[PDB]
Peer 1: 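Quick one: structure with paromomycin.
As listed: the chains are lettered in turn, A, B, ..., one for each sequence line. The numbers used for chain A are those of the PDB entry, and the residues that appear cover 17-44, 52-210, in sequence. Here chain B follows the PDB entry, giving residues 16-43, 52-210 in order. Indexing begins at 1, ligand by ligand and atom by atom, following the structure's order.
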Amino acid sequence: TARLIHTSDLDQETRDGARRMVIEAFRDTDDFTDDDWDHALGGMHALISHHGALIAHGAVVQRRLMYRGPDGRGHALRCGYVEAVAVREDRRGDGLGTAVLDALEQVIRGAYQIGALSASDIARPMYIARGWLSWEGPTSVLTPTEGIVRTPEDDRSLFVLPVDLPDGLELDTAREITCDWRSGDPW
Amino acid sequence: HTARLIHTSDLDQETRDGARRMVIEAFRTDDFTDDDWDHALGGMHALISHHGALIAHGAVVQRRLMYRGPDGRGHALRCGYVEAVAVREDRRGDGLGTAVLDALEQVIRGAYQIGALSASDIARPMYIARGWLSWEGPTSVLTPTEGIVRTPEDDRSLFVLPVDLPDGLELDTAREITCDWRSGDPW
Ligand SMILES: CC(C)(COP(=O)(O)OP(=O)(O)OC[C@H]1O[C@@H](n2cnc3c(N)ncnc32)[C@H](O)[C@@H]1OP(=O)(O)O)[C@@H](O)C(=O)NCCC(=O)NCCS
Ligand SMILES: CC(C)(COP(=O)(O)OP(=O)(O)OC[C@H]1O[C@@H](n2cnc3c(N)ncnc32)[C@H](O)[C@@H]1OP(=O)(O)O)[C@@H](O)C(=O)NCCC(=O)NCCS
Ligand SMILES: NC[C@@H]1O[C@H](O[C@H]2[C@@H](O)[C@H](O[C@@H]3[C@@H](O)[C@H](N)C[C@H](N)[C@H]3O[C@H]3O[C@H](CO)[C@@H](O)[C@H](O)[C@H]3N)O[C@@H]2CO)[C@H](N)[C@@H](O)[C@@H]1O
Ligand SMILES: NC[C@@H]1O[C@H](O[C@H]2[C@@H](O)[C@H](O[C@@H]3[C@@H](O)[C@H](N)C[C@H](N)[C@H]3O[C@H]3O[C@H](CO)[C@@H](O)[C@H](O)[C@H]3N)O[C@@H]2CO)[C@H](N)[C@@H](O)[C@@H]1O
Ligand SMILES: [Ca+2]
Ligand SMILES: [Ca+2]
Ligand SMILES: [Ca+2]
């Protein structure tokens, strides 16, 4: 039931409608920040509206995830990173979230080497059920002034969906995995 | 000439193979490598067709460009990076290149803070004409194991299109600009 739209083609009221719905959906200090919204921009949005109202949203945005295999090689994987997955609270538990992820996984499978996200510890079983793989190793970020810095807080949160890895590569989820730099939450 | 815009994930197999075949030839060790094709995926494609065959391609993919302002604050700018802009040999100088860049710039203005690209020499006038800023400072890449490494080869090639810079950001082309890491040509 989800409509796929590039940030590009969102009119002002859809952007404001989506942002307002996502900010409210992540309230149980505003949990969903300006940086969190920046992270949701530049890729494909999955939207579900009912009678003029936005009731569901998700985004998949491109970045690189860094992974070194046991042959020592080093890979910068073309990643579809899942952001701002949200359903208006009264509309939850009726398959809308599923419909949003169904549409984002179509993007990921069609365009990227790997899907990734850092799930709220509440949503973790929903991803595990879709066949997303929990990372077991240490997580880190490639910083511009320090080098690769550990992100222990994101170790339990990181999920991957390896859709089309290069060469022979099969990930070992016990190895380290490193995200590229951005402001706010790196994961 | 009007380009149609399509996400990587919506390309049918024949159009994907068609685009890569046309782009490899337009750039003709082949000059257009497997990494070069990798770099053109994950974003929006501009396509122009004629007599059932592709005559023009380009792509805009999301990455981060790192820039430090005169107030010492580091920015990780949401970048629409332009890749694989190509017009079939027999169709050059009819404005097809212009139509491709018009559609990609629609994406960049609609979704990103900055546009960037590392132009071949033959393409340079086309960018200078469209009002892309030539960079005058040193360029670098953020590497995983060596920190920020100068990319002197790319100093003369870099164009940016600054469309929606964060508050308090004066883009000075004399200063250093750093791309995020990827395999192959970092720029
Ligand atoms: C997480 C969220 C998007 C789920 O959306 P939803 O429309 O309730 O979910 P669905 O009905 O499609 O179900 C998602 C899965 O969660 C579980 N689930 C079952 N009932 C549920 C309910 N009422 N609410 C949430 N999850 C439920 C099931 O495993 C379900 O899979 P199913 O469709 O096979 O039953 C939504 O609750 C939300 O917006 N939460 C707050 C913001 C947030 O945490 N989202 C992103 C975290 S990474
Ligand atoms: C993309 C490419 C075909 C240029 O496309 P094109 O169809 O020749 O370009 P257009 O006709 O749209 O315009 C090219 C520009 O050349 C310039 N130009 C126009 N007439 C010219 C002339 N007589 N002499 C020289 N330059 C001229 C103009 O700036 C023109 O833009 P405009 O027509 O909007 O004014 C060329 O870059 C290419 O395909 N080469 C191989 C692949 C490649 O190197 N691409 C690199 C992208 S970085
Ligand atoms: N008052 C409600 C709050 O909800 C919060 O909900 C969760 C989310 O806000 C956030 O979830 C993860 C986080 O686990 C992980 N370590 C970092 C990751 N970037 C966050 O990401 C998630 O939430 C943010 C919005 O905050 C979204 O931008 C992002 O797309 C989404 N996947 O962190 C929280 C998980 O600890 C918290 N559980 C807690 O602060 C509190 O219960
Ligand atoms: N060597 C001079 C000329 O190089 C041309 O080819 C150029 C392009 O192939 C390539 O241009 C730039 C490059 O300058 C810069 N330092 C790095 C950047 N990634 C390259 O990028 C460009 O070409 C590659 C394809 O190779 C594309 O994938 C990319 O999208 C495109 N903008 O590098 C070459 C140097 O400018 C032509 N083969 C020919 O006119 C002539 O040989
Ligand atoms: Ca947050
Ligand atoms: Ca090349
Ligand atoms: Ca080959």
Peer 1: I'm trying to find paromomycin in this model - which chains or ligands should I check?
Peer 2: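 It sits at ligands 3 and 4.
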Peer 1: What is the name in UniProt of the chain with the largest share of contacts to paromomycin (ligand 4)?
Peer 2: Aminoglycoside 2'-N-acetyltransferase
Peer 1: Enumerate the other chains with heavy atoms less than 4.0 Å from paromomycin (ligand 4).
Peer 2: B
Peer 1: Could you tell me whether paromomycin (ligand 4) has any atom less than 4.0 Å away from a heavy atom of B/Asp54?
Peer 2: yes
Peer 1: What protein heavy atom lies closest to atom 29 (C) of paromomycin (ligand 4)? Include the residue and the distance to one decimal.
Peer 2: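 The protein heavy atom lying closest is B/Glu106 OE1, 3.5 Å.
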Peer 1: Determine, counting only non-hydrogen atoms of the protein, whether one lies under 4.0 angstrom from atom 38 (N) of paromomycin (ligand 4).
Peer 2: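 It does: a protein heavy atom is found less than 4.0 Å away from atom 38 (N) of paromomycin (ligand 4).
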Peer 1: Are any other ligands or ions shown closer than 4.0 Å to paromomycin (ligand 4), and if so, which?
Peer 2: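 I find these: ligand 2 (coenzyme A), ligand 6 (calcium ion).
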Peer 1: Would you happen to know the UniProt domain of chain B where most contacts with paromomycin (ligand 4) sit?
Peer 2: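 Most of them fall in UniProt domain N-acetyltransferase.
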Peer 1: Atom 42 (O) of paromomycin (ligand 4): protein heavy atom closer than 4.0 Å?
Peer 2: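 No.
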Peer 1: Quick one: nearest non-hydrogen protein atom to atom 27 (C) of paromomycin (ligand 4), plus distance?
Peer 2: B/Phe55 CE1, 4.0 Å
Peer 1: Could you check whether atom 35 (C) of paromomycin (ligand 4) has a protein contact, counting only heavy atoms that fall below 4.0 angstrom?
Peer 2: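 Under 4.0 Å from atom 35 (C) of paromomycin (ligand 4), zero protein heavy atoms found.
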Peer 1: At what distance is the nearest protein heavy atom to atom 40 (O) of paromomycin (ligand 4), and which residue and atom is it?
Peer 2: B/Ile145 CG1, 4.0 Å
Peer 1: Do any UniProt substrate-binding residues in chain B have a heavy atom less than 4.0 Å from paromomycin (ligand 4), and if so, which?
Peer 2: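 Among the UniProt binders, by heavy-atom distance, it comes to B/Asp54, B/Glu106, B/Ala107, B/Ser141, B/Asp177.
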Peer 1: Which one of B/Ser141, B/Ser180, B/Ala109 has a non-hydrogen atom at the shortest distance from atom 32 (N) of paromomycin (ligand 4)?
Peer 2: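 Going through B/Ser141, B/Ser180, B/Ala109 one by one, B/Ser141 has the nearest heavy atom to atom 32 (N) of paromomycin (ligand 4).
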Peer 1: With atom 25 (C) of paromomycin (ligand 4) as the reference point, say which of B/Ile39, B/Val105, B/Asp59 has the nearest heavy atom.
Peer 2: B/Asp59
Peer 1: So which protein heavy atom does atom 16 (N) of paromomycin (ligand 4) come closest to, and at what separation?
Peer 2: B/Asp177 OD1, 2.7 Å
Peer 1: Atom 10 (C) of paromomycin (ligand 4): which protein heavy atom is closest, and how many Å away?
Peer 2: B/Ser143 CB, 4.7 Å
Peer 1: Using a distance threshold of 4.0 Å (strictly less than), state whether atom 18 (C) of paromomycin (ligand 4) has a protein heavy-atom neighbour.
Peer 2: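 Yes, there is one.
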Peer 1: Evaluate the 4.0 Å heavy atom contact test for atom 1 (N) of paromomycin (ligand 4): does a protein atom fall under the cut-off?
Peer 2: no
Peer 1: To which protein heavy atom is atom 23 (O) of paromomycin (ligand 4) closest, and what is the distance rounded to 0.1 Å?
Peer 2: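 Going by distance alone, atom 23 (O) of paromomycin (ligand 4) is nearest to B/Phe42 CE2, 3.7 Å.
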Peer 1: Which species does the PDB give for chain B?
Peer 2: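 Per the PDB entry, it is Mycolicibacterium smegmatis (strain ATCC 700084 / mc(2)155).
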Peer 1: Write out the binding site of paromomycin (ligand 4) as chain and residue number, heavy atoms closer than 4.0 Å.
Peer 2: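 The heavy-atom contacts are B/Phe42, B/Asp54, B/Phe55, B/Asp59, B/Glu106, B/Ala107, B/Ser141, B/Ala142, B/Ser143, B/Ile145, B/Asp177, B/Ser180, B/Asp208, B/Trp210.
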